[PDB]
> 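Pasting in a structure now, in structure tokens, and then I'll have a few things to ask.
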Amino acid sequence: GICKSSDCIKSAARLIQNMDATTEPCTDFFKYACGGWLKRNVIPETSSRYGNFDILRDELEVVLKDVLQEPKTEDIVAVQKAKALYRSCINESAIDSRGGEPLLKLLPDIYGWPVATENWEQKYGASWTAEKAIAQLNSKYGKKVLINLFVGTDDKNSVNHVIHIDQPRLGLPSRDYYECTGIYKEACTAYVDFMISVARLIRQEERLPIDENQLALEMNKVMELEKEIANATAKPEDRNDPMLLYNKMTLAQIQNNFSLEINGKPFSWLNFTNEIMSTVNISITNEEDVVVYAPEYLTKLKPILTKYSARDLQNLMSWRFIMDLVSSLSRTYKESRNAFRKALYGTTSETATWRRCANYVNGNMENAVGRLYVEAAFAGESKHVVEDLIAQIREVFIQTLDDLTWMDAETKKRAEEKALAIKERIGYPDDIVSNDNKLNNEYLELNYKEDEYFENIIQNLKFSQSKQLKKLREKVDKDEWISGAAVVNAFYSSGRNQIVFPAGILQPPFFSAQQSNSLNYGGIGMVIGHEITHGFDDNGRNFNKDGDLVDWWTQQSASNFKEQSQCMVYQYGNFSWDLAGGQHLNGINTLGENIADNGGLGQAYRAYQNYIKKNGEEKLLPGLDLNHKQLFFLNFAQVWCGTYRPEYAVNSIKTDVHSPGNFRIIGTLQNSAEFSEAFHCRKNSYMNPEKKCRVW
Ligand SMILES: CS(=O)(=O)N[C@@H](CCCCN)C(=O)NC[C@H](CC1(C(=O)N[C@@H](Cc2ccc(O)cc2)C(=O)O)CCCC1)C(=O)O
Ligand SMILES: *[C@@H]1O[C@H](CO)[C@@H](O)[C@H](O)[C@H]1NC(C)=O
Ligand SMILES: *[C@@H]1O[C@H](CO)[C@@H](O)[C@H](O)[C@H]1NC(C)=O
Ligand SMILES: *[C@@H]1O[C@H](CO)[C@@H](O)[C@H](O)[C@H]1NC(C)=O
Ligand SMILES: *[C@@H]1O[C@H](CO)[C@@H](O)[C@H](O)[C@H]1NC(C)=O
Ligand SMILES: [Zn+2]
């Protein structure tokens with residue numbers, strides 16, 4: 001009584017080859033489920049982490065290579081542009097023959113780079129202002145420095161767009177790096193070395209005298225400046241509550257309550273915002289409503305920038321943009337980034353060019369490329385089976401509301417309302433395949449030259465930013481997908497109350513219409529519950545059924561939610577990551593994701609129980625001394641088989657809101673009595689602690 005189909009056999013082979021049965025499931029289920037895989041594999045030199053997700057993504061890149069590399073006589077314009085963009089990206093010979101000349105032509109348009117200019121104060125400083133300088137990088141090239149001003153959705157009115165003002169990203173992975181001691185020292189050194197390397201190459205190409213001490217001087221003041229900005233930014237721990245983060249006020253209020261003296265001139269928030277919004281012929285007045293997400297950061301920023309000069313600021317300003325462009329120039333400029341890349345990611349080589357390019361074209365033309373990917377690699381049968389699964393999971397979540405003892409009736413009724421209102425996106429939007437006109441018009445304003453790769457990417461920055469700035473006065477399009485189809489992930493949008501499962505993730509081990517149900521539920525089923533539970537975690541719970549930031553919790557049910565979720569904070573916060581140097585995981589910044597991982601797996605299991613009840617046991621897999629309840633957990637754990645480079649473990653433990661894959665498995669299964677039941681785990685074994693956390 002065993003399944004012997006071709007599809008059952010591949011499932012079993014993959015499961016057996018990846019697992020390590022000589023480990024005890026109740027001592028360490030990560031090694032039991034993934035020991036086989038870890039011993040067989042080594043992280044590629046071009047990868048910072050490697051595992052099931054990464055392999056499936058590199059596989060997806062191959063499909064994109066196949067469909068992008070050969071032009072076809074039947075291609076529509078939208079497709080012709082993507083292939084032309086791919087071909088310009090992979091030429092490399094054409095790119096190298098241009099040296100840095102594409103960058104030199106661009107620097108005059110961002111008020112130059114003082115370290116690589118001569119008499120910068122007389123050329124630009126005369127007609128230079130913080131308002132104009134920051135605005136030019138924001139509105140034309142989408143680079144947000146010092147002050148990140150962007151157009152987004154209104155958290156308290158998900159139909160409109162509003163102007164947000166938030167603290168900017170930093171050159172290094174996180175503010176923690178700017179200690180520049182111990183584990184962050186090498187990264188800080190490579191970063192400033194990276195500055196000087198680029199500054200030297202530009203001056204060399206401009207035939208300018210090179211004063212090595214003057215280079216070190218200016219570029220180290222840039223680091224002492226970004227150190228200050230970095231220390232002024234808010235922690236992620238202090239940005240977890242969207243209610244407290246949402247501070248709406250007019251531009252007049254901002255001028256009163258958040259002034260800035262920069263290079264003597266008083267900063268004008270009305271001149272800064274109009275310098276940006278004029279890029280699309282839009283006028284702004286002092287009565288404009290603005291949402292400030294980092295007011296604390298703006299106040300600490302006032303006495304930082306009074307100290308520095310227009311030159312000192314612009315040296316950091318342009319460096320943040322040049323930082324990203326050297327990779328798109330000749331190999332002399334590409335190489336200047338090596339020591340910095342290795343410090344942050346551990347990688348000794350750069351990803352294959354065709355792999356980089358396929359990803360770039362997919363990231364900028366995601367509907368045109370999604371069309372090519374689904375036509376070549378996606379079934380269509382799959383779309384309807386997943387709808388069925390999302391229906392089963394959504395109901396298990398509602399069903400489970402009644403069993404929850406820490407919520408009162410009125411909060412449960414409103415929790416059920418939001419759940420029923422969740423909008424689902426499966427596979428791909430049908431009109432990217434059927435409506436050729438709509439797709440061509442998405443890219444009509446774009447025109448790519450094949451020998452001019454650098455000019456193409458600049459076009460895409462301006463197009464990407466111009467289209468976002470134009471959204472200020474228009475309503476949120478509801479039909480829009482939050483992700484392309486050629487993506488191996490899934491997403492939830494609190495502003496839209498929308499879960500999405502692109503075609504890229506609807507393949508094994510996650511899902512297949514031909515693999516055992518125990519695997520589907522433990523795979524895509526757990527992912528579906530995970531995305532659903534995002535609408536109810538420490539952040540998504542603040543949004544109602546329409547994407548509006550509004551309290552719908554009773555004082556008691558809110559207080560209890562915090563109480564229940566504090567267990568998971570301490571659990572994961574007590575995990576030490578050997579790869580990150582024994583550092584502890586940040587249980588606060590990972591809470592939302594561990595809630596989703598724990599609720600999601602719970603919802604999937606109860607959906608597989610409900611299925612067995614209505615349908616019964618399916619046949620077991622060959623070569624596995626495991627029943628289907630144990631197969632459920634095995635496949636769920638094998639979704640996360642992976643490992644990190646030490647350099648990137650240090651990076652991700654600060655910047656990744658997810659737990660590392662190994663601790664997602666252990667933390668989640670430690671809180672699951674059903675796992676311990678399935679694997680008959682002793683009490684207080686490592687995988688079955690008597691104290692177990694639970695929110696959803
Ligand atoms: C506003 S937003 O929509 O953009 N919010 C993001 C927040 C995180 C961004 C990361 N892109 C979001 O929802 N992201 C999708 C992500 C999907 C899941 C996930 O874990 N995916 C991992 C995949 C991975 C990759 C490499 C590796 O070695 C190990 C694992 C990941 O991406 O790291 C898929 C299974 C459950 C969640 C989620 O739901 O959080
Ligand atoms: C790369 O660009 C050069 C210069 O424009 C051109 O001669 C060459 O044919 C291109 N390569 C390919 C494969 O088309
Ligand atoms: C970092 O910011 C805090 C808050 O303003 C301040 O008290 C502290 O002195 C700053 N640290 C440095 C090194 O400037
Ligand atoms: C902003 O001020 C500058 C003078 O510093 C001026 O040239 C520019 O036109 C102003 N921009 C707007 C949009 O008012
Ligand atoms: C570890 O767990 C204990 C017990 O709840 C808790 O007091 C402590 O804060 C946790 N450690 C971390 C780093 O979260
Ligand atoms: Zn998540």
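Each residue takes its place number in the sequence, starting with 1. Counting convention: from 1, in listed order, for ligands and their atoms alike.
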> Say which drug appears at ligand 1.
sampatrilat
> Which chain forms the chief contact surface with sampatrilat, and what is its name in the PDB entry?
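The main binding partner here is Neprilysin.
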> Which residues lie close to sampatrilat, i.e. with a heavy atom under 4.0 Å?
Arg49, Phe53, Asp54, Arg57, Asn489, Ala490, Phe491, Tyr492, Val527, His530, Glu531, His534, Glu593, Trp640, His658, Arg664
> Which UniProt active-site residue in chain A ranks closest to sampatrilat by heavy-atom distance, and what is that distance to the nearest 1 Å?
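In chain A, the nearest UniProt active-site residue by heavy atoms is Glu531, 3 Å.
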> Tell me which UniProt Zn(2+)-binding residues of chain A have a non-hydrogen atom under 4.0 Å from sampatrilat.
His530, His534, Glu593
> By UniProt annotation, which domain of chain A has the most residues touching sampatrilat?
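That would be the UniProt domain Peptidase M13.
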> Under 4.0 Å from sampatrilat, which other ligands or ions appear?
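Under 4.0 Å: ligand 6 (zinc ion).
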> Filter the UniProt peptide-binding residues of chain A to those with a heavy atom under 4.0 Å from sampatrilat, and list them.
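Per UniProt, the ones with a heavy atom under 4.0 Å: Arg49.
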